[PDB]
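Accompanying notes for the structure given below.
Protein chains get the first letters and strands the later ones, always in sequence-line order, with residue 1 at the start of each. The structure has been trimmed to a portion of the entry, and contacts are counted only among what remains. The figures here come from the full heavy-atom set of this structure, side chains too, leaving out hydrogens, waters and symmetry mates. We count ligands from 1, going down the list as the structure has it; atoms in each ligand are counted the same way.
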Amino acid sequence: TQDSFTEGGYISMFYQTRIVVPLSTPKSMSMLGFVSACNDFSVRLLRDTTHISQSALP
Amino acid sequence: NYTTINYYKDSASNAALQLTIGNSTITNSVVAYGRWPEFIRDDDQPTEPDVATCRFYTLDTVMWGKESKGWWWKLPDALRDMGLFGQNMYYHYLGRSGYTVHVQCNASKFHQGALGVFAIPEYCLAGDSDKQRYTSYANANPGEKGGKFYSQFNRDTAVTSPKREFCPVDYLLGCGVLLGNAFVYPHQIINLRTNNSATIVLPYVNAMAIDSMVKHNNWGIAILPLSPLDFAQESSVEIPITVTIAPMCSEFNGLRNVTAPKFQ
Amino acid sequence: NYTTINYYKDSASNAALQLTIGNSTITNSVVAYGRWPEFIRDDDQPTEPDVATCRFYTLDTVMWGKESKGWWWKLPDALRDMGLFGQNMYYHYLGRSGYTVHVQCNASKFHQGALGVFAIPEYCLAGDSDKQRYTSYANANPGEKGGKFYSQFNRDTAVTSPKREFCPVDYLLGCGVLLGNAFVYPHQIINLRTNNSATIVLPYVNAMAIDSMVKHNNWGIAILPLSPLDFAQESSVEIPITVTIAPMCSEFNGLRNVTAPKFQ
Amino acid sequence: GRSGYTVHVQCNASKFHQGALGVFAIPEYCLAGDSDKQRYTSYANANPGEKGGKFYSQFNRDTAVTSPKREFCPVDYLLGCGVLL
Amino acid sequence: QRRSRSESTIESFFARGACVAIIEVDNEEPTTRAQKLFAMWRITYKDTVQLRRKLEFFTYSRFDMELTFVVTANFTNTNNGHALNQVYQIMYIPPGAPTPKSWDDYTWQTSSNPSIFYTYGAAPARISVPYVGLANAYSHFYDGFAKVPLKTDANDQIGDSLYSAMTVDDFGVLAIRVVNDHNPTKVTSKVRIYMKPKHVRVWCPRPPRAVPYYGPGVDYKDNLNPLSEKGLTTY
Amino acid sequence: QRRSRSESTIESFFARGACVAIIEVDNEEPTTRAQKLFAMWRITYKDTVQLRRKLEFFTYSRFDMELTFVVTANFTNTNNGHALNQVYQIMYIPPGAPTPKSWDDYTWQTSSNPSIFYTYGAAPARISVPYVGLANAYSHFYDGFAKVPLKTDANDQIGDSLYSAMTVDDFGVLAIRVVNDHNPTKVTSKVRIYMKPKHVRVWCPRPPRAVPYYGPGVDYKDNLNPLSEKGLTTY
Ligand SMILES: Cc1cc(CCCOc2c(C)cc(-c3noc(C(F)(F)F)n3)cc2C)on1
Ligand SMILES: Cc1cc(CCCOc2c(C)cc(-c3noc(C(F)(F)F)n3)cc2C)on1
Ligand SMILES: N[C@@H](CCC(=O)N[C@@H](CS)C(=O)NCC(=O)O)C(=O)O
């Protein structure tokens with residue numbers, strides 16, 4: 001959960017150089033991102049999630 | 001250590017390049033779950049056309065433009081009318097097979113775009129009406145043509161003559177899950193700036209060693225544009241996409257008269 | 001003997017002279033808890049200025065008279081603006097260090113008085129208002145100047161612009177405990193008739209192997225006059241007290257841009 | 001103080017561009033002034049820092065005795081030190 | 001030491017009891033109009049959403065089950081008298097077995113069907129069940145039908161069937177009644193069923209549900225905008 | 001023999017149950033106005049003063065916990081009827097998990113959150129908990145903040161935080177409800193929680209509190225004159 005006592009840091013991106021294209025080429029493009037965990041990852045203290053709810057029983 | 005003795009007699013009570021196949025040749029690949037297709041193990045004589053059915057069949061080409069939202073197919077439904085494979089399907093009660101899927105799309109160095117190809121086991125899609133699980137057999141088995149995705153949910157507000165058709169949504173993958181996690185399934189990415197083709201090898205996956213090929217589809221193939229197509233400063237761009245599928249290690253059993261489903 | 005068998009799989013369920021450092025030299029010492037400062041054990045490459053940060057820094061001199069009630073400082077807060085030690089503190093996210101504290105106070109044979117120096121881990125002080133834990137960061141980190149004790153609790157009766165400052169009390173040690181028991185902490189006594197200086201060596205103490213040096217202070221230093229100062233039959237007497245602190249076995253990690261706290 | 005260095009120069013273009021850059025590392029790189037007075041350059045002007053300086057295609061004498069600039073006047077084809085490039 | 005993954009295992013992930021059924025049963029004088037003297041519940045895990053979402057992380061599964069029953073009773077009126085402690089009967093009816101039509105019919109003899117008799121005020125009831133799947137594993141998702149229409153069929157309803165369904169009746173039902181006769185005062189009771197998988201194996205991981213469930217299938221109707229707003233260059 | 005120090009050990013010093021929480025829960029007909037149909041208690045040992053004072057003898061600690069629950073119920077009126085035995089549900093909600101907004105919302109399915117069902121009149125409930133500290137030991141005293149204000153901050157409230165506090169939410173909460181429906185007569189109940197440390201290790205002994213506590217911190221407000229009068233030369 002969100003907590004200042006256990007904040008993790010920040011991730012940022014910047015242009016080192018600019019994007020250069022020749023003529024007869026698109027000047028705009030798209031970029032995609034992915035995230036994953038490594039082999040040194042662990043979790044603790046199972047608990048219920050907030051991403052699913054219910055209001056009535058069938 | 002702590003002492004424990006099980007009292008009850010029941011366990012439940014206990015506390016817890018060129019690829020050539022047959023007479024076909026196509027000039028890195030991905031193997032789903034790291035399992036190559038194989039025949040049934042040692043644990044009614046099955047019929048097995050070694051080469052009359054294990055070969056590459058090419059489907060109808062589709063067109064990718066600036067407004068395309070995606071395509072989907074179901075296997076073994078898409079190959080129901082391909083040579084002797086379909087005849088064996090409809091002449092037998094039980095069938096089994098793996099697949100090799102090859103997606104082809106070529107462009108130039110001045111084009112840009114990315115396609116995501118996903119192989120999904122037990123790919124169940126959502127309907128287009130308030131009624132639940134009301135989709136019809138004919139609409140759920142398009143065949144070679146396949147279907148398409150949509151950017152929004154269009155409810156079929158017609159009780160007089162309901163269509164009974166799927167209404168997949170691109171960003172929900174047509175099943176109520178976010179598209180970004182679809183990479184959990186076996187997948188490939190075709191980026192026009194690096195490659196032009198994709199290949200996947202699918203073994204037989206099911207809760208049973210063998211099952212009917214007519215009333216149950218084992219695999220689904222979904223192709224979606226992750227990045228829009230573009231070319232120079234042109235308003236309209238269209239390029240072809242082709243799909244070629246090869247059955248592998250196919251077995252059939254339960255020979256009787258032929259089955260003729262009513263497709264419309 | 002009595003028989004016992006543990007049933008559950010979980011453990012919780014089970015039933016229960018001259019000292020020279022770097023380029024500094026000062027001409028018996030006390031080691032807190034009998035533990036010398038040391039680097040992190042074997043169980044991101046840390047940065048370690050061997051001599052650019054492990055040396056004696058002298059704070060501002062204070063004056064002891066007949067009405068002084070005491071002084072207090074916080075570490076590593078007091079050294080935030082001392083050479084490259086502060087730069088390393090503010091250029092890194094994690095820091096660790098031990099300390100050597102030296103208190104100097106000289107007088108004549110005709111003076112009399114006694115000082116008590118106490119090193120306190122996690123020295124938390126009380127506020128000056130009905131609101132609880134309302135003290136501000138700026139007031140809780142005075143720096144080199146430090147703070148002073150008081151003989152009574154002066155409530156800040158101003159809701160328009162609360163001061164948000166500590167209100168330590170001498171006989172309560174500023175934390176609600178009797179001063180007489182403060183000798184439980186590492187301590188030294190400077191009696192003018194026997195000696196003129198005190199020395200303490202503090203290792204790194206915390207619940208974590210390494211922690212931020214900006215938002216958390218590991219040590220507190222408190223100096224209190226146990227016996228009042230006097231000299232012959234003079235009405236007014238004042239003598240200087242000096243404090244010198246040397247970091248020892250200091251490590252830093254997490255290099256990024258520099259941190260600039262707003263101190264008023 | 002003492003130290004060595006690793007210098008990395010980055011410049012990217014396309015296949016339809018053309019040009020060539022020469023990077024030179026010079027020990028004891030002493031530059032010439034911009035006035036008749038000799039060795040009159042100031043410390044501040046001789047240590048620009050991160051910004052650095054620039055070369056020129058000709059020698060522009062500083063004809064101002066009231067308030068001399070005391071700045072370098074390097075020349076490209078003389079390398080700023082009286083030797084051929 | 002180094003950190004371990006003991007609690008992230010499948011067994012640890014499913015080592016908790018989850019409610020799947022709340023059933024109402026009443027004890028009162030029988031009358032002509034409808035009553036709740038006995039209740040019948042169809043066995044399934046899709047009534048709720050937590051255990052369903054946890055299970056739907058995978059396509060295939062194989063496990064045994066542990067069931068626990070918690071019973072809570074109360075009065076309704078205060079001018080009819082009092083009641084003595086009641087006994088509840090819970091009977092499992094597999095497919096094909098006869099079903100009760102009254103609270104005191106012959107079907108309650110339970111000569112072959114297993115049954116539990118629970119006394120109010122005692123510890124919650126508990127039983128265990130093995131893996132009873134017809135196939136080699138349970139199928140949380142089934143892309144297909146149970147019938148295939150044929151060109152020679154007389155009408156279109158011969159081959160019509162629901163999409164993504166195997167059997168009309170699966171795993172049978174549970175019938176709950178109050179054995180005691182009716183006191184002059186009505187008494188209501190609720191039975192809560194908690195299910196815990198054990199000895200769990202899973203296959204073919206699947207992305208989790210992101211929008212509210214709508215029926216036993218994968219259909220979605222409302223609330224198709226789960227993600228919130230945020231700045232591209234905002235930390 | 002010679003005298004021993006067996007009972008002065010840390011384990012013996014903390015081998016007793018101490019009350020930390022008294023929680024009120026009512027069963028009655030739901031209405032528009034505020035009610036106590038379900039209660040939520042934030043976990044902490046600072047509500048009382050005995051165990052707190054015993055623990056604050058040291059700066060750092062590391063231990064497991066044993067929790068016991070004692071439930072006592074009573075009536076309020078005498079002209080509404082009677083009630084049947086009630087069942088109480090106690091659920092542990094860690095930080096980040098959804099919290100109930102009503103006594104019968106979906107959150108009580110407890111698919112992953114541990115829960116205890118207690119039947120009135122039985123033995124007091126009991127459970128055990130391991131050491132769940134993020135760091136290597138619990139910190140009874142923390143001289144610092146969770147945020148540091150910066151010169152570049154837009155306003156002064158960005159970096160403002162309470163002194164001597166680590167996390168806004170620590171150890172989660174406990175939610176207690178009565179599972180049974182409402183009888184015509186209201187019934188009140190109190191749950192008392194008793195805590196016993198086990199497998200205790202401590203570090204950095206500290207002088208004990210000498211003046212009354214005032215809030216979670218070390219602040220003092222009143223009664224700053226604990227010692228009494230006595231003669232210098234009086235035995
Ligand atoms: C997947 C999956 C698995 C299941 C449930 C399978 C188990 O079904 C039951 C249940 C819930 C109870 C009994 C049962 N046996 O005995 C009793 C009784 F004694 F309590 F009546 N109930 C038997 C089966 C097969 O549902 N979906
Ligand atoms: C120091 C210190 C230590 C603590 C308490 C830590 C333990 O917190 C709990 C408690 C009190 C109960 C449970 C708990 N687990 O299960 C249950 C339930 F089942 F009873 F609901 N309660 C879990 C934790 C982490 O607080 N301060
Ligand atoms: N408050 C409604 C809903 C009650 C209900 O059954 N709620 C479901 C979720 S919609 C539930 O699981 N409640 C918790 C429980 O009673 O176990 C009612 O009393 O009818």
Query - Choose among aztreonam, belzutifan, flavopiridol, pleconaril, gemcitabine diphosphate for ligand 1 - result: pleconaril
**Report entry** Chief chain touching pleconaril (ligand 1), naming from the PDB entry
**Finding:** Capsid protein, VP1
Query raised in the report: Which chains, by letter, have non-hydrogen atoms under 4.0 Å from some atom of pleconaril (ligand 1)?
Result: E
Query raised in the report: For pleconaril (ligand 1), which atoms sit closer than 4.0 Å to a heavy atom of E/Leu67?
Result: 10 (C), 11 (C), 12 (C)
Report task. Enumerate the atoms of pleconaril (ligand 1) whose separation from the nearest heavy atom of E/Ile90 is less than 4.0 angstrom. Result -> 21 (F)
Report task. Select the closest option to atom 20 (F) of pleconaril (ligand 1) among E/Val132, E/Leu55, E/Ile116, E/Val129, judged by heavy-atom distance. Result -> E/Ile116
Query raised in the report: How far is atom 3 (C) of pleconaril (ligand 1) from its nearest protein heavy atom, and which residue and atom name does that atom have?
Result: E/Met65 CE, 3.8 Å
Query raised in the report: Which is closest to atom 24 (C) of pleconaril (ligand 1) in terms of heavy atoms, E/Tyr92, E/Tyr138, E/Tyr131?
Result: E/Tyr92
Query raised in the report: Any idea which of E/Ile193, E/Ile43, E/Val20 brings a heavy atom closest to atom 10 (C) of pleconaril (ligand 1)?
Result: E/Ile43
Query raised in the report: Of the protein's non-hydrogen atoms, which lies at the shortest distance from atom 27 (N) of pleconaril (ligand 1), and what is that distance?
Result: E/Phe171 CE1, 3.3 Å
